[PDB]
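Figure: RBN-2397 in its bound pose on Protein mono-ADP-ribosyltransferase PARP12.
Below, chains carry the letters A, B, ... as their sequence lines are ordered, and counting in each starts from 1. Order of appearance sets the numbers: ligands from 1, and atoms from 1 within every ligand. What's counted below: heavy atoms across the whole structure, side chains too, no hydrogens, waters or symmetry copies.
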Protein chains: 2
Amino acid sequence: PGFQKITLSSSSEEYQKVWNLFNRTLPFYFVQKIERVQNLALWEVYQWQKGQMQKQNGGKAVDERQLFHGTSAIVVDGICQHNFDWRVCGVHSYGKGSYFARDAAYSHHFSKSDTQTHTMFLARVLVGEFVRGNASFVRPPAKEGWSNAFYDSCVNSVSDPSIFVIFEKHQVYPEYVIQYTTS
Amino acid sequence: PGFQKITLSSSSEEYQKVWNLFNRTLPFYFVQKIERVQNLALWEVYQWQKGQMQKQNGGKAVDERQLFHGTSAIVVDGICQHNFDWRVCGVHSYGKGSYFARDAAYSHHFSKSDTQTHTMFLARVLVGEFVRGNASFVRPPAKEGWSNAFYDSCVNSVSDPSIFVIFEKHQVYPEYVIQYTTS
Ligand SMILES: C[C@@H](COCCC(=O)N1CCN(c2ncc(C(F)(F)F)cn2)CC1)Nc1cn[nH]c(=O)c1C(F)(F)F
Ligand SMILES: C[C@@H](COCCC(=O)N1CCN(c2ncc(C(F)(F)F)cn2)CC1)Nc1cn[nH]c(=O)c1C(F)(F)F
Ligand SMILES: [Cl-]
Ligand SMILES: [Cl-]
């Protein structure tokens with residue numbers, strides 16, 4: 001089995017936090033469901049990655065963000081079980097990694113349906129320290145002035161990031177599935 | 001459940017037919033397993049599509065081919081349950097459709113692993129009547145001199161095709177999964 005999706009009540013704090021983040025940039029759309037994803041196997045490897053990044057950061061808390069990923073309904077269960085893996089599709093770019101967006105409105109362009117109902121993840125991402133990306137990058141580049149340290153993620157802007165590229169699947173947990181309609 | 005994968009004995013006729021087709025263009029590689037995919041739901045919709053194409057062809061047999069598709073191991077079960085759907089990834093082309101290759105050696109470029117073991121489908125495809133494709137095509141174009149008939153698939157060459165683009169998932173059954181190594 002591996003995972004459960006728990007449908008949230010729309011009057012719950014947990015639902016309202018996810019809804020608020022979605023509604024911030026897709027206010028003209030209508031949310032039909034929000035499910036919490038429970039996959040203890042994906043959460044264990046995420047927490048292990050986090051502990052490794054925390055140690056490498058002097059023992060201080062790693063930069064961790066909730067970021068959107070628009071998908072097709074048909075892969076949702078595959079991602080809840082196996083996580084995001086950019087190697088399924090490739091990219092043809094800010095890096096050959098999985099992409100996540102700050103804005104639901106940006107991830108909406110990648111939620112394909114042929115139907116009224118669209119699906120989007122809100123994922124938990126250990127972005128850590130980031131730098132601008134490049135379409136050649138297969139992993140994040142070295143930090144200047146360090147002989148033995150690399151960035152954790154690539155972005156569009158360091159002063160103002162809105163897209164993140166993740167090269168390691170253990171840096172992501174697919175935390176929530178959002179179903180919505182555009183009318 | 002939906003599907004079973006039945007591992008074939010390597011001394012069976014059924015295994016030798018698949019192996020022969022793979023070995024034709026990847027003779028330097030080593031096949032480790034061949035599984036027959038049994039999904040009665042995917043086979044029913046394939047046979048219904050076939051009957052529709054047969055009626056449209058004057059009741060005569062539709063052009064049907066065994067064509068390769070290289071994948072990652074992580075989507076194999078998803079395809080055995082849900083079939084090929086090009087809308088998972090998009091294309092960025094001979095058409096926005098699922099691609100299949102005559103030659104295993106060509107599909108090998110899309111079998112990603114980070115391991116020794118690679119995976120490839122041999123799918124059953126109702127290619128029907130075909131015409132050259134184009135990166136704009138979202139479905140196959142009209143037949144010249146017909147007011148109410150379209151092609152069934154797009155290709156690279158009509159006199160000599162080697163790549164097929166399929167826009168309708170009911171035109172494909174994922175019949176066999178091939179695992180092989182490159183050493
Ligand atoms: C510009 C575009 C680039 O996208 C890069 C592709 C990507 O990141 N992928 C695709 C394949 N994937 C996956 N597929 C099936 C499975 C399972 F489980 F079935 F095997 C697992 N993983 C992991 C995610 N950016 C997108 C693309 N899609 N959605 C957005 O939100 C965004 C962006 F940029 F807005 F965040
Ligand atoms: C040039 C390249 C263009 O490929 C076009 C993409 C394509 O056809 N796809 C990708 C996504 N897909 C799928 N993904 C996950 C699922 C599930 F179940 F997880 F949801 C279902 N469907 C259906 C197939 N051509 C390839 C690409 N890959 N392999 C080859 O052999 C070839 C070619 F051309 F050599 F035949
Ligand atoms: Cl990834
Ligand atoms: Cl398709």
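Put simply, copies of RBN-2397 show up as ligands 1 and 2.
Other chains, heavy atom under 4.0 Å from RBN-2397 (ligand 1): A, B. For the pair A:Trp86 and RBN-2397 (ligand 1), the shortest N or O to N or O distance does not fall below 3.5 Å. For B:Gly78, the closest heavy-atom approach to RBN-2397 (ligand 1) does not fall below 4.0 Å. Contact annotation: A:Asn83 has at least one heavy atom less than 4.0 Å from an atom of RBN-2397 (ligand 1).
Counting only heavy atoms of the protein, atom 20 (F) of RBN-2397 (ligand 1) lies nearest to B:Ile74 CD1, 3.0 Å. Most of the residues of chain A within contact distance of RBN-2397 (ligand 1) belong to the UniProt domain PARP catalytic. Between A:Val88 and RBN-2397 (ligand 1), a contact under 3.5 Å exists for no N or O pair. With B:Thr71, A:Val75, A:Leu67 as candidates, the residue nearest to atom 19 (F) of RBN-2397 (ligand 1) on a non-hydrogen basis is A:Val75.
For atom 34 (F) of RBN-2397 (ligand 1), the closest non-hydrogen atom of the protein is A:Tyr99 CB, 3.3 Å. Using a 4.0 Å cut-off between heavy atoms, A:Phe110 contacts RBN-2397 (ligand 1) through its side chain alone, with no backbone atom that close. Source organism (PDB) for chain A: Homo sapiens.
The set of residues with a heavy atom less than 4.0 Å from RBN-2397 (ligand 1) is A:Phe68, A:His69, A:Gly70, A:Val75, A:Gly78, A:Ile79, A:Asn83, A:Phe84, A:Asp85, A:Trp86, A:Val88, A:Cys89, A:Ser98, A:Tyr99, A:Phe100, A:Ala101, A:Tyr106, A:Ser107, A:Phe110, B:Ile74, B:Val75.
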